[PDB]
Visitor: 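This entry shows lincomycin within the model.
In what follows, every chain begins at residue 1, and chains take the letters A, B, ... in the order their sequences are listed. Note that ligands are numbered from 1 as they come in the structure, with each ligand's atoms numbered from 1 the same way. Partial entry shown, contacts counted within. Any value given below was found using the heavy atoms of this structure, including those in side chains, with hydrogens, waters and symmetry copies removed.
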Amino acid sequence: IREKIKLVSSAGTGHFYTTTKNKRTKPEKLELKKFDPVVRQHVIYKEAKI
Amino acid sequence: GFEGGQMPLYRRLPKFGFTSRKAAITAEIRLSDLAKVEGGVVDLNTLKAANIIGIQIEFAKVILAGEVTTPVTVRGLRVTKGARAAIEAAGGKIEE
Amino acid sequence: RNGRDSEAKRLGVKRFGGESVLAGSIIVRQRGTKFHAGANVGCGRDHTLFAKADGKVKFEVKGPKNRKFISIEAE
RNA sequence: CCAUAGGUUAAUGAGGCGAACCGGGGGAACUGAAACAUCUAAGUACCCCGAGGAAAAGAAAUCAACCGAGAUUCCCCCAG
RNA sequence: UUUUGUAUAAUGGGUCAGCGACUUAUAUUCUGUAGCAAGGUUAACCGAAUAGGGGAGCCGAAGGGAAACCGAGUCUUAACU
RNA sequence: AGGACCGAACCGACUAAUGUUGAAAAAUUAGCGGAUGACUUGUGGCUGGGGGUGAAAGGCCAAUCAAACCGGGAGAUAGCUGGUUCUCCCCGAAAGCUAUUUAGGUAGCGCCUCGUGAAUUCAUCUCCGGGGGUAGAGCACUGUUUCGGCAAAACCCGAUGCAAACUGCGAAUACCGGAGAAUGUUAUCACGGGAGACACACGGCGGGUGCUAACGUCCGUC
RNA sequence: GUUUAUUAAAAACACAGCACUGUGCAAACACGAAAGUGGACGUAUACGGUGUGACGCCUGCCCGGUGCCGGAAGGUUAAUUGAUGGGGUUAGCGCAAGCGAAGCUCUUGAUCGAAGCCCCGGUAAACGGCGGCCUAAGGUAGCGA
RNA sequence: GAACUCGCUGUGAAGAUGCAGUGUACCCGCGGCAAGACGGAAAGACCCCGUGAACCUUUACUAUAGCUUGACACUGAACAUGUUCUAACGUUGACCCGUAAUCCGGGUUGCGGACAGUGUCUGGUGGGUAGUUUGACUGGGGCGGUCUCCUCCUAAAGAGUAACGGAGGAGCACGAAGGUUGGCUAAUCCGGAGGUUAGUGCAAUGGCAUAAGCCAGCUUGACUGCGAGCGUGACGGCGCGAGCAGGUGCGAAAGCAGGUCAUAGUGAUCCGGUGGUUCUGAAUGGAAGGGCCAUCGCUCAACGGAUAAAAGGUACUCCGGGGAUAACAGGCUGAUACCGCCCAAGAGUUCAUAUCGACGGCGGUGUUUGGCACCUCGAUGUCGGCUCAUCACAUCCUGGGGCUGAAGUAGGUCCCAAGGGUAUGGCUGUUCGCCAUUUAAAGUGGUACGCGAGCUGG
RNA sequence: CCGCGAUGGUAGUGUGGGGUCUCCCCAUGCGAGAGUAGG
Ligand SMILES: CCC[C@@H]1C[C@@H](C(=O)N[C@@H]([C@H]2O[C@H](SC)[C@H](O)[C@@H](O)[C@H]2O)[C@@H](C)O)N(C)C1
Ligand SMILES: [K+]
Ligand SMILES: [K+]
Ligand SMILES: [K+]
Ligand SMILES: [K+]
Ligand SMILES: [K+]
Ligand SMILES: [K+]
Ligand SMILES: [K+]
Ligand SMILES: [K+]
Ligand SMILES: [K+]
Ligand SMILES: [K+]
Ligand SMILES: [K+]
Ligand SMILES: [K+]
Ligand SMILES: [K+]
Ligand SMILES: [K+]
Ligand SMILES: [K+]
Ligand SMILES: [K+]
Ligand SMILES: [K+]
Ligand SMILES: [K+]
Ligand SMILES: [K+]
Ligand SMILES: [K+]
Ligand SMILES: [K+]
Ligand SMILES: [K+]
Ligand SMILES: [K+]
Ligand SMILES: [K+]
Ligand SMILES: [K+]
Ligand SMILES: [K+]
Ligand SMILES: [K+]
Ligand SMILES: [K+]
Ligand SMILES: [K+]
Ligand SMILES: [K+]
Ligand SMILES: [K+]
Ligand SMILES: [K+]
Ligand SMILES: [K+]
Ligand SMILES: [K+]
Ligand SMILES: [Mg+2]
Ligand SMILES: [Mg+2]
Ligand SMILES: [Mg+2]
Ligand SMILES: [Mg+2]
Ligand SMILES: [Mg+2]
Ligand SMILES: [Mg+2]
Ligand SMILES: [Mg+2]
Ligand SMILES: [Mg+2]
Ligand SMILES: [Mg+2]
Ligand SMILES: [Mg+2]
Ligand SMILES: [Mg+2]
Ligand SMILES: [Mg+2]
Ligand SMILES: [Mg+2]
Ligand SMILES: [Mg+2]
Ligand SMILES: [Mg+2]
Ligand SMILES: [Mg+2]
Ligand SMILES: [Mg+2]
Ligand SMILES: [Mg+2]
Ligand SMILES: [Mg+2]
Ligand SMILES: [Mg+2]
Ligand SMILES: [Mg+2]
Ligand SMILES: [Mg+2]
Ligand SMILES: [Mg+2]
Ligand SMILES: [Mg+2]
Ligand SMILES: [Mg+2]
Ligand SMILES: [Mg+2]
Ligand SMILES: [Mg+2]
Ligand SMILES: [Mg+2]
Ligand SMILES: [Mg+2]
Ligand SMILES: [Mg+2]
Ligand SMILES: [Mg+2]
Ligand SMILES: [Mg+2]
Ligand SMILES: [Mg+2]
Ligand SMILES: [Mg+2]
Ligand SMILES: [Mg+2]
Ligand SMILES: [Mg+2]
Ligand SMILES: [Mg+2]
Ligand SMILES: [Mg+2]
Ligand SMILES: [Mg+2]
Ligand SMILES: [Mg+2]
Ligand SMILES: [Mg+2]
Ligand SMILES: [Mg+2]
Ligand SMILES: [Mg+2]
Ligand SMILES: [Mg+2]
Ligand SMILES: [Mg+2]
Ligand SMILES: [Mg+2]
Ligand SMILES: [Mg+2]
Ligand SMILES: [Mg+2]
Ligand SMILES: [Mg+2]
Ligand SMILES: [Mg+2]
Ligand SMILES: [Mg+2]
Ligand SMILES: [Mg+2]
Ligand SMILES: [Mg+2]
Ligand SMILES: [Mg+2]
Ligand SMILES: [Mg+2]
Ligand SMILES: [Mg+2]
Ligand SMILES: [Mg+2]
Ligand SMILES: [Mg+2]
Ligand SMILES: [Mg+2]
Ligand SMILES: [Mg+2]
Ligand SMILES: [Mg+2]
Ligand SMILES: [Mg+2]
Ligand SMILES: [Mg+2]
Ligand SMILES: [Mg+2]
Ligand SMILES: [Mg+2]
Ligand SMILES: [Mg+2]
Ligand SMILES: [Mg+2]
Ligand SMILES: [Mg+2]
Ligand SMILES: [Mg+2]
Ligand SMILES: [Mg+2]
Ligand SMILES: [Mg+2]
Ligand SMILES: [Mg+2]
Ligand SMILES: [Mg+2]
Ligand SMILES: [Mg+2]
Ligand SMILES: [Mg+2]
Ligand SMILES: [Mg+2]
Ligand SMILES: [Mg+2]
Ligand SMILES: [Mg+2]
Ligand SMILES: [Mg+2]
Ligand SMILES: [Mg+2]
Ligand SMILES: [Mg+2]
Ligand SMILES: [Mg+2]
Ligand SMILES: [Mg+2]
Ligand SMILES: [Mg+2]
Ligand SMILES: [Mg+2]
Ligand SMILES: [Mg+2]
Ligand SMILES: [Mg+2]
Ligand SMILES: [Mg+2]
């Protein structure tokens, strides 16, 4: 029932993490500061489709 | 490779890589080969004439392997940093 | 309705008292802290105790609760 | 209707046989895949037609790689 | 012979004579042995030639990397304690 | 008149006995059915193999039929069964684990052998350092149990037992490590050439299962 | 009457009779890559297929399932056609980044599109079914250890 | 196979001419009989196994002849967005000729007519036909159950350890239920007692107060690259991990943080999709395609995953095998069965013991139902009857005897006793049983449930 | 640092041997737990 999602870098590098989410309970977009290894900085990552 | 029906090693492991066509037409030359050419100029054609490299070789690199004990002109070959030092120390020269 | 079991996990003491170990070496695999980490011993996420220095394994019973601690005496 | 079909005669040739090789028309399955259907066996076995002392192929609308080679056939490599 | 195990009431053989089952080719690896040795060896073919010629090739003397590429290093990684 | 009746020839084949290395690879003997019919018989002809023909039994198609016979593909394939031929010397298994359309097959590992290399490498004993939760024991815990007392018969207390999935205790042994001697044809480990084996059996000890039944069955260990 | 030549002769097969169904003749159907041939030198009072099995009295209810027959509005749907969008290439335009006509080209797949199926009916001497609230309908006549 | 080829009781791959012990036995024919040589015959037909076969079935799978649909072709002309036309094409209508010809062709004519029909393509239908699949474990097979992962016990105090052994769980959840800093401590009973007897996101075990339990604030370390060393695996793999570099959160800082108390929450490879990319780019520049990095698609659950794609029947059967494995009989066993005994509740007017023996206890036999799978699958014929038997005694009759609730007659019960004896019929394949009628009685068992190289064949 | 305990006996048990072998016994080595005196 938890669905796979991409977290996509806001730095425009195309780097992404993957995780899961319960979209029924939590329909709002997951946003987290995560390390982008391309630019080598912590930047905001935002949910997108897998 | 048959293992009794268990997925065999050469199928449970993934394929990898590709084969380079450029690698097949690239050779390595040892320092010990530099004296074997006729006339003290080392290029693709003189290496081919001396049977050091095959006729379809288009690219060649001189590496630090064996010794060079004579002045040699190397023309139109890549040379390693160590091979360059060895050739120049023996009174040779390298031409791009 | 029975007929099931899980794979045995090879828990227990890997290096006994007085054994010389290199740093990183696993001393005990366990479920929870049946043994506790003393001097120069770390505790992994699965409660594995491992050596953080080269030396000899030492078991000891200390504290008010009278708990089994494992330490490394550095060589 | 002209004619053409058709008819008769003459001349010339063919026909049938033969072990392999050769070109062409058709063309399996067992088997292997540890089952089996894609795949394999194999364009093999076999059937059929045709030829010759050989046959077939053959004188680039071919390769190559900016250098060049120069019809076809066969052998050794390239290379499992 | 087959079996955990056969005097076995498990199998096979009436007897004799003759015949009757790990081969051959090619590739590949290891061992022994011989030659030559940072080299070794030629294939087809030519040659009346077991000679001699023929070194086209093949293996070896360098590796690392998927590869470009670098090279006694190289790959990994922005970079290695 | 009649797929009418009784009954020979003729055509069949219901019963019994015989025969069963027969007189005979289907008969003989005594009886039995049809006997002008959907009858029977001579000669010749036609139908051909996934095909024929069949008042249908998978019947028959040359003593052959749920796919004829002959030749070919062909030495199909056979994880199955059988068999495998002279001599001596040295070493010497396994019947286990893991996986498997796997279970009587096979693969890696274990165990055998040959070669090469290498440490006081290995074993026994003694001493030293260790972790145990088994045997036994016990009843605080988790359950179970009996008696008395006490009392909302609970609870609590005293007394008594029981436990593979109970432990406020806890051996012997075994195992890991260290040190030391003696002994042992390196007995050890690694790498490489060649395997076989992966149906085990009984006996002792510790157990599950079964009835502390089985020359039973399933593990551990000798 | 027929049958398992060679262990079964029968209650099995066939049968006259009955019914359903196909078939308008270059018939259906069958043998045949085909030409043709059988059906038949027959023509629906005929021919094929299927089931039942003289005769007598009879042959009930169920069309939901599967088949067959009829329907044909609607949904769905093939080849075909190639609208539209996206990309590759490059004449150019750009100082460079890039952009980018025509052509060629890779891809996308609008529109068109029959039968079938879904769908709407019929049909049991079609295959079949024929109750303890439920079903398509609950076994009639006759018969019954 | 060779034989100098006896009985018995044991033994023993478990039913012995050949072994042990013992008994008996002069050497050799002939006629007879079939109890044994697990006699001869046929590599068991039953049964199981083999990733064997054949043929048969079907709403198994995949195909396919046939049938059927449309598009384009052969295929044309006038408007309609209707029909008509003739010239392609059809004619198994007529007539004429080749011609001595119910073939064929040509001609003339009628009819039909761009229809029909055929080719290519295409949807449907298609056991009519074809190739195949249709798992394994299993105290025989089948049916049922099971197949991967986690926890406990079995498990013999290191690890590991089997069974169709005993018990339960998983195929997730959570941007907080993660990180850090600070703060807090339960169940239950009546503010106090009590001390984790609660709690853990979910099984069980081992943990947890320094709490891992619980609350709040601030957060994204549920970081990226690596990794000394170690654990665990045949391997593929899986696990634990200080520390190093970069960048981060919390905290005052020390420090802590590479998800969660830990141990389940899973799927190799191939093929392909998406994004990225100092790689590759078949003349060259590009591109396509490939590589590399990130990621996606399996109840492939038969969970090391034969295929993208699969069910059955065979008594019409067939081959290779197995006593590795079932049906008969033997063997081991003796739960069950049958027989005997111990105790004595009681019944029996009274009285436990004439007779019966509750609750319980102990044996014997091999004797029923079974268990096991040791012998036999290169065959050990299997029920009943008939014929012919032979032994045991737990005795049915006849013989001897004790007790009696034995007056007699006739019984009951127990002991001794195996010499001899121990029904015919109706019904049914029956053994048995019921029935009729006998008898002194119509015994119970063993003998391959005696006896098919003796008969029968229900 | 982390709030009991002898002695003796008993249970168990390694090795070897034995029996009437579901369980024991003997030789030798190891030797609890509980409880008792006591602290
Ligand atoms: C419950 C049955 C048990 C099996 C019976 C026996 C067997 O197979 N017998 C054969 C016999 O066939 C013939 S008798 C007609 C032969 O003559 C005879 O020797 C013999 O082979 C047949 C009856 O099946 N087996 C060994 C065990
Ligand atoms: K360790
Ligand atoms: K095939
Ligand atoms: K195979
Ligand atoms: K056997
Ligand atoms: K036999
Ligand atoms: K060799
Ligand atoms: K050599
Ligand atoms: K390095
Ligand atoms: K045939
Ligand atoms: K193996
Ligand atoms: K070896
Ligand atoms: K044992
Ligand atoms: K008859
Ligand atoms: K209907
Ligand atoms: K363009
Ligand atoms: K004797
Ligand atoms: K006899
Ligand atoms: K005409
Ligand atoms: K037409
Ligand atoms: K079993
Ligand atoms: K059994
Ligand atoms: K860090
Ligand atoms: K499997
Ligand atoms: K089948
Ligand atoms: K028997
Ligand atoms: K008795
Ligand atoms: K009395
Ligand atoms: K048998
Ligand atoms: K008798
Ligand atoms: K008496
Ligand atoms: K008697
Ligand atoms: K009989
Ligand atoms: K016999
Ligand atoms: K006889
Ligand atoms: Mg050369
Ligand atoms: Mg286990
Ligand atoms: Mg476990
Ligand atoms: Mg195969
Ligand atoms: Mg000639
Ligand atoms: Mg020619
Ligand atoms: Mg030129
Ligand atoms: Mg056996
Ligand atoms: Mg013996
Ligand atoms: Mg004998
Ligand atoms: Mg024998
Ligand atoms: Mg045999
Ligand atoms: Mg024999
Ligand atoms: Mg290299
Ligand atoms: Mg008559
Ligand atoms: Mg007849
Ligand atoms: Mg007669
Ligand atoms: Mg008559
Ligand atoms: Mg008559
Ligand atoms: Mg039949
Ligand atoms: Mg015949
Ligand atoms: Mg066939
Ligand atoms: Mg062949
Ligand atoms: Mg053969
Ligand atoms: Mg020896
Ligand atoms: Mg496994
Ligand atoms: Mg105990
Ligand atoms: Mg216990
Ligand atoms: Mg030691
Ligand atoms: Mg095996
Ligand atoms: Mg085994
Ligand atoms: Mg076994
Ligand atoms: Mg065993
Ligand atoms: Mg035992
Ligand atoms: Mg046994
Ligand atoms: Mg036993
Ligand atoms: Mg008759
Ligand atoms: Mg017959
Ligand atoms: Mg007969
Ligand atoms: Mg006709
Ligand atoms: Mg009928
Ligand atoms: Mg339509
Ligand atoms: Mg009706
Ligand atoms: Mg009625
Ligand atoms: Mg005997
Ligand atoms: Mg005689
Ligand atoms: Mg006789
Ligand atoms: Mg016999
Ligand atoms: Mg056999
Ligand atoms: Mg048409
Ligand atoms: Mg079909
Ligand atoms: Mg079929
Ligand atoms: Mg096949
Ligand atoms: Mg098959
Ligand atoms: Mg099976
Ligand atoms: Mg253990
Ligand atoms: Mg142990
Ligand atoms: Mg083991
Ligand atoms: Mg085992
Ligand atoms: Mg198990
Ligand atoms: Mg390392
Ligand atoms: Mg593919
Ligand atoms: Mg290019
Ligand atoms: Mg090109
Ligand atoms: Mg790409
Ligand atoms: Mg598996
Ligand atoms: Mg598999
Ligand atoms: Mg057979
Ligand atoms: Mg057996
Ligand atoms: Mg038996
Ligand atoms: Mg009495
Ligand atoms: Mg009683
Ligand atoms: Mg028995
Ligand atoms: Mg057994
Ligand atoms: Mg036997
Ligand atoms: Mg025997
Ligand atoms: Mg025999
Ligand atoms: Mg007596
Ligand atoms: Mg007598
Ligand atoms: Mg007597
Ligand atoms: Mg007397
Ligand atoms: Mg009677
Ligand atoms: Mg008998
Ligand atoms: Mg008897
Ligand atoms: Mg007999
Ligand atoms: Mg009979
Ligand atoms: Mg003491
Ligand atoms: Mg004590």
Visitor: Which parts of this structure should be attributed to lincomycin?
Guide: ligand 1
Visitor: Which chain forms the chief contact surface with lincomycin, and what is its name in the PDB entry?
Guide: 23S rRNA
Visitor: Mind listing the other chains that have a non-hydrogen atom under 4.0 Å from lincomycin?
Guide: H
Visitor: Show the binding site of lincomycin at 4.0 Å, heavy-atom contacts only.
Guide: H:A41, H:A42, H:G44, H:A327, H:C328, H:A379, H:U380, H:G381, H:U382
Visitor: In the PDB record, where does RNA chain H come from, organism-wise?
Guide: Escherichia coli BW25113
